[PDB]
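Each chain gets a letter, A, B and so on, in the order the sequences are listed, and its residues count up from 1. Order of appearance sets the numbers: ligands from 1, and atoms from 1 within every ligand. Atoms considered below: every heavy atom in the structure, side chains included; atoms not considered: hydrogens, waters and symmetry mates.
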Amino acid sequence: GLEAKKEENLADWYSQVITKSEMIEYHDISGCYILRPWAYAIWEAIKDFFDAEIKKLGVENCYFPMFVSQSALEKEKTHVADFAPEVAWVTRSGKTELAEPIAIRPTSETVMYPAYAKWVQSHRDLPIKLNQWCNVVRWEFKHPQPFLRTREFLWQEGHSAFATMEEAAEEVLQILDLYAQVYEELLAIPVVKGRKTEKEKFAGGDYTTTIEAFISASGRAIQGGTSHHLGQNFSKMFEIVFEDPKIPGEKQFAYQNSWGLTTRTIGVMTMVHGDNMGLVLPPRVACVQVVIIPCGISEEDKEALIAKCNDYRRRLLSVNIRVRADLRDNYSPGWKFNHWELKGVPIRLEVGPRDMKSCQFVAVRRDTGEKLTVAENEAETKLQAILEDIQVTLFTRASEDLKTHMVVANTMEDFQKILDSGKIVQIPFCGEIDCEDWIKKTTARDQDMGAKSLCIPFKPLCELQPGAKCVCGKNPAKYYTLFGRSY
Amino acid sequence: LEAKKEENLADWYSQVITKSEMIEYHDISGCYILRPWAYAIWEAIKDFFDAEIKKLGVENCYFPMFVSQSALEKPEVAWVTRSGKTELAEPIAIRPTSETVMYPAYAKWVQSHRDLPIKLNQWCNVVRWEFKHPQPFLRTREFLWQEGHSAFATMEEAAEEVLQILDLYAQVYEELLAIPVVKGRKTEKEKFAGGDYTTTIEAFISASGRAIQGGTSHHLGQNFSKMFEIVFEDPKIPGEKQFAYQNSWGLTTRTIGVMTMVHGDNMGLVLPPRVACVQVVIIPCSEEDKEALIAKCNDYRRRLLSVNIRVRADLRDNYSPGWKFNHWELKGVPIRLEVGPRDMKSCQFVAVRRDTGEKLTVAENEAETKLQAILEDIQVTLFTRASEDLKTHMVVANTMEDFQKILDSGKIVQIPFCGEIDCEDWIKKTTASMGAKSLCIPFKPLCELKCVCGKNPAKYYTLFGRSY
Ligand SMILES: Cc1cc(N2CC[C@@](C#N)(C3CC3)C2=O)cc(NC(=O)Cc2ccccc2)n1
Ligand SMILES: Cc1cc(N2CC[C@@](C#N)(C3CC3)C2=O)cc(NC(=O)Cc2ccccc2)n1
Ligand SMILES: O=C(C[C@H]1NCCC[C@@H]1O)Cn1cnc2cc(Br)c(Cl)cc2c1=O
Ligand SMILES: O=C(C[C@H]1NCCC[C@@H]1O)Cn1cnc2cc(Br)c(Cl)cc2c1=O
Ligand SMILES: [Br-]
Ligand SMILES: [Br-]
Ligand SMILES: [Ca+2]
Ligand SMILES: [Ca+2]
Ligand SMILES: [Ca+2]
Ligand SMILES: [Cl-]
Ligand SMILES: [Cl-]
Ligand SMILES: [Zn+2]
Ligand SMILES: [Zn+2]
Ligand SMILES: [Zn+2]
Ligand SMILES: [Zn+2]
């Protein structure tokens with residue numbers, strides 16, 4: 001069984017859960033982890049959804065090189081200098097030094113935007129809407145954590161270029177809403193949509209929109225996905241331009257966006273829904289939604305029981321429920337109950353001889369442990385209903401927790417008190433970078449780490465009163481901003 | 001398209017892959033951008049192969065790209081040596097293939113025979129930093145592939161899988177890409193040194209008279225399980241351990257390059273309907289009649305989508321119809337569906353098939369039926385022509401002189417062969433301006449069976465050729 005308790009040592013519980021659910025295997029290189037099928041399948045579910053949705057918006061998939069030349073990486077002001085010591089450099093092939101070192105992509109702006117500049121020769125060439133599913137590398141020496149913060153990770157990065165600001169601004173919010181759908185509708189995780197402050201936005205962009213999630217077990221928030229409006233900053237840098245004949249003597253620089261989402265998704269799912277029995281899969285992304293286990297197991301009664309289990313399997317498959325029949329003779333029914341509970345399968349379907357003879361079975365929900373006796377004839381109906389109820393239940397519980405842990409404060413003193421209780425706080429804020437630094441410094445100083453901004457919510461809990469001051473007291477508030485201790 | 005396939009193939013190829021918007025060049029050599037038109041073909045291959053291996057019980061995963069020095073050493077490898085300006089404690093290698101990352105995990109996952117089989121696949125990128133001359137799709141420094149790695153308790157289930165995977169690869173080439181291939185096994189010289197035997201599919205590119213390996217499926221036997229200690233308890237004998245039997249298999253975007261080299265023509269790319277992102281492109285050729293024509297095009301679009309035909313209506317105002325004809329011809333779209341006002345008012349349309357250029361006039365009410373028929377015929381036609389080509393260019397020669405002569409005509413040859421490494425080296429140096437290498441020992445040779453070296457008897461008919 002799982003013996004680590006989530007409320008006692010969270011980091012050990014997390015390591016136990018991700019390994020005993022067979023999601024993660026550790027590699028011999030720090031910050032690099034093997035995604036076993038149980039975790040990879042969740043990424044595949046997210047991919048299926050998001051891929052279909054961006055195709056509806058006109059985005060097409062592609063694959064750009066993993067390697068960036070020294071010249072291309074350092075040619076334009078695409079990234080702040082603090083990232084320099086975290087680029088992984090290939091310097092030799094076999095035993096002999098390369099003429100010029102080449103970098104592993106940490107993101108693909110510097111490989112994609114020179115090609116965009118080649119491809120945009122007139123108005124007709126826009127828009128360009130490309131996505132790629134790929135791995136990136138950011139070689140930090142801070143402590144890594146499986147799924148949440150790693151050196152190599154899988155993601156998707158979309159990059160779009162448009163003739164007008166309005167088309168681009170529309171896409172930014174559409175993509176952000178798809179990310180919120182990934183978290184809320186697939187993973188049953190509530191998120192807060194907002195704009196990053198000036199300090200936390202992508203430096204080279206116009207503005208950054210974000211979704212923020214809350215991990216109550218650690219009292220910390222974490223960014224779930226991001227959608228940037230780059231404006232014309234990168235088009236001016238890379239000369240992504242066209243000319244209108246109706247406007248002679250003027251360049252038209254493309255308006256650009258970029259957006260990304262990673263396997264961090266899975267880690268947040270694990271941290272939010274996981275419990276002291278192990279992983280808990282939302283039915284929308286569970287590789288296996290129902291596991292059928294023969295229990296209470298004569299020598300032809302046994303064959304009848306096995307055939308009944310396969311009857312349920314085929315009926316469920318027939319109604320698009322993802323189902324596995326664990327018919328292993330080697331393992332005890334208790335062993336199987338435990339194995340699939342650790343893996344978070346939403347429903348265990350128990351079939352024993354007595355129930356078979358009485359044309360019934362037992363369904364056990366993973367989230368609550370509730371057991372239900374179901375008539376055989378209702379199998380497809382009831383189980384679908386139960387799966388839907390599990391999904392809602394998970395979201396509802398997580399939403400309640402966010403509601404208790406995200407609150408309004410209008411003074412530094414109240415903010416400090418609430419923050420130190422392990423919650424995130426919406427405060428009136430002047431938006432200035434220096435003030436944000438001061439908030440981090442003084443909440444660190446006065447705690448009894450510093451708070452960072454998470455986002456400026458699009459829909460704050462309260463509306464800023466006229467003349468309301470920032471918590472710094474010195475400048476008027478520009479907006480309610482969500483702050484907390486962060487991942 | 002200006003360049004001609006029959007004169008300057010390399011230039012023809014560069015023009016076709018760029019004007020079809022499949023490839024863009026990168027500022028590092030041997031690395032190429034896969035634009036959507038190319039990537040879509042890879043996605044179609046992936047959809048097929050992924051479904052098929054799932055039916056065999058293979059599960060997808062993702063192992064790390066980085067290999068430690070020690071694990072790798074238990075070679076044109078790209079080495080990471082620093083992060084920023086900070087030298088790493090130890091250099092780490094980019095995977096050229098994932099045996100050395102996967103099999104330590106395999107050895108930890110296998111304790112009893114109940115832990116077998118293990119059947120894992122990953123769709124990923126690998127890196128082989130050679131300085132030989134690269135070619136888009138066909139031979140590149142970084143490439144997308146799938147690598148499957150399986151572990152079993154017995155030799156027999158492993159052997160079964162090797163052959164099933166090779167047949168899936170032959171399905172990818174022959175059924176999806178309309179490319180005939182020759183199944184066989186590699187000679188001692190050419191087989192994977194880390195395995196017991198290597199099965200392969202070989203394809204032929206007549207424009208260069210050269211063969212190319214399309215995919216590969218190895219039986220590794222107990223080589224790697226002895227090296228990495230992938231062991232399980234003997235079910236009958238107390239205390240005794242057995243080593244697992246293993247396979248690995250792989251397939252890359254080389255597929256798309258072979259498809260381009262085989263079916264492409266002097267008008268550009270030619271897509272087999274089974275992998276074409278767009279199978280039919282609808283092109284329009286009084287304000288009321290303008291609106292009605294657009295609506296008719298949209299009718300065809302919706303009807304073809306309703307019958308699961310992949311269709312785009314190019315209703316764009318900012319491009320001439322002739323520009324569209326040429327654009328979608330360069331891209332190899334199998335069928336151009338032309339609707340003009342007169343066609344609309346005659347309840348008919350024109351379908352132009354890309355492979356032959358034939359223009360068919362089709363009654364409107366038959367749109368869904370006939371177009372499906374035409375798509376099927378295009379697929380078959382492509383395959384049939386390619387097979388004709390292969391049969392024309394693969395012949396038996398039972399003596400060296402004829403073999404050399406056959407080879408210099410730009411063909412590949414099945415010869416009686418002894419199998420010895422020394423002899424294969426001698427055939428290479430003799431036939432040299434490259435000398436011929438062995439391609440495979442065909443499962444089904446042209447003729448039933450001494451070597452063409454004389455000094456030895458022939459162990460098998462072997463297919464030899466100048467190879468990519
Ligand atoms: C797994 C994962 C995810 C993400 N990030 C980033 C923001 C983002 C969001 N939202 C991306 C835009 C989509 C995200 O998920 C970032 C990372 N590694 C790193 O920072 C490097 C690293 C390595 C070791 C320790 C600490 C840090 N690792
Ligand atoms: C695109 C592609 C494909 C393949 N290979 C290999 C055999 C195989 C088959 N069949 C794999 C098992 C699946 C295949 O496709 C190999 C490659 N690059 C290389 O050798 C490196 C290289 C780079 C520049 C010049 C010369 C050589 N590049
Ligand atoms: O990667 C980004 C901005 C956006 N790029 C497209 C995908 C979504 C993503 O939010 C910001 N970023 C983040 N981390 C980086 C690390 C390094 Br090292 C470098 Cl060089 C550059 C960067 C860098 O540019
Ligand atoms: O990669 C292979 C053997 C098989 N691995 C699984 C996928 C299918 C493939 O045929 C052979 N191979 C090929 N090229 C290599 C290049 C280098 Br560099 C290294 Cl270290 C190792 C290798 C190496 O092992
Ligand atoms: Br980022
Ligand atoms: Br290989
Ligand atoms: Ca001006
Ligand atoms: Ca709390
Ligand atoms: Ca012994
Ligand atoms: Cl679902
Ligand atoms: Cl029934
Ligand atoms: Zn799975
Ligand atoms: Zn302030
Ligand atoms: Zn496409
Ligand atoms: Zn010989």
Visitor: Help me with this one: what macromolecule has the most contacts with ligand 4, named as in UniProt?
Guide: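 The main partner is Bifunctional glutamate/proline--tRNA ligase.
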Visitor: Name of the drug or drug candidate at ligand 4?
Guide: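 Answer: halofuginone.
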Visitor: Taking 4.0 Å as the heavy-atom contact limit, which other chains touch halofuginone (ligand 4)?
Guide: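 The other chains in heavy-atom contact are B.
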Visitor: Which residues form the binding site of halofuginone (ligand 4) when counting heavy atoms under 4.0 Å?
Guide: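 Heavy atoms under 4.0 Å: B/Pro75, B/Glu76, B/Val77, B/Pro96, B/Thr97, B/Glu99, B/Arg128, B/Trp145, B/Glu147, B/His149, B/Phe192, B/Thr216, B/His218, B/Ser248, B/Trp249, B/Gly250.
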Visitor: Show which atoms of halofuginone (ligand 4) fall inside a sub-4.0 Å distance from at least one heavy-atom site of B/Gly250.
Guide: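 Numbered from 1, halofuginone (ligand 4) contributes 8 (C).
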Visitor: Can you sort out which atoms of halofuginone (ligand 4) are near B/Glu147, meaning under 4.0 Å from one of its heavy atoms?
Guide: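 Counting from 1, the qualifying ligand atoms are 7 (C).
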Visitor: Counting both backbone and side chain atoms, is some N or O of B/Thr97 under 3.5 Å from an N or O of halofuginone (ligand 4)?
Guide: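 By distance alone, the answer is yes.
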Visitor: In terms of atom number and element, which parts of halofuginone (ligand 4) are under 4.0 angstrom from non-hydrogen atoms of B/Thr216?
Guide: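 Checking each atom against B/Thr216, I get 10 (O).
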Visitor: Mind pulling out the UniProt Zn(2+)-binding residues of chain B that sit under 4.0 Å from halofuginone (ligand 4) by heavy-atom distance?
Guide: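 Going by heavy atoms, UniProt's Zn(2+) residues within reach: none.
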Visitor: Can you check whether B/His149 has an N/O within less than 3.5 Å of an N/O in halofuginone (ligand 4)?
Guide: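 It does not: no N or O of B/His149 is found under 3.5 Å from an N or O of halofuginone (ligand 4).
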Visitor: Can you confirm, on distance only, whether halofuginone (ligand 4) has an N/O atom lying under 3.5 Å from any N/O atom belonging to B/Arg128?
Guide: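 Yes: some nitrogen or oxygen of B/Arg128 is under 3.5 Å from one in halofuginone (ligand 4).
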Visitor: Return the UniProt-listed L-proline-binding residues of chain B that have heavy atoms within 4.0 Å of halofuginone (ligand 4).
Guide: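 Going by heavy atoms, UniProt's L-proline residues within reach: B/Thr97, B/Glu99, B/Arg128, B/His218.
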Visitor: Show me which atoms of halofuginone (ligand 4) lie under 4.0 Å from any heavy atom of B/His218.
Guide: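 With B/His218 as reference, the close atoms of halofuginone (ligand 4) come out as 3 (C), 4 (C), 9 (C), 10 (O).
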Visitor: Quick check on contacts: which atoms of halofuginone (ligand 4) are under 4.0 angstrom from a heavy atom of B/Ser248?
Guide: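 Listed by number with element, the hits are 4 (C), 5 (N), 6 (C).
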Visitor: Under 4.0 Å from a heavy atom of B/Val77: give me the atoms of halofuginone (ligand 4) that qualify, with their elements.
Guide: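 Near B/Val77, the atoms of halofuginone (ligand 4) are 18 (Br), 20 (Cl).
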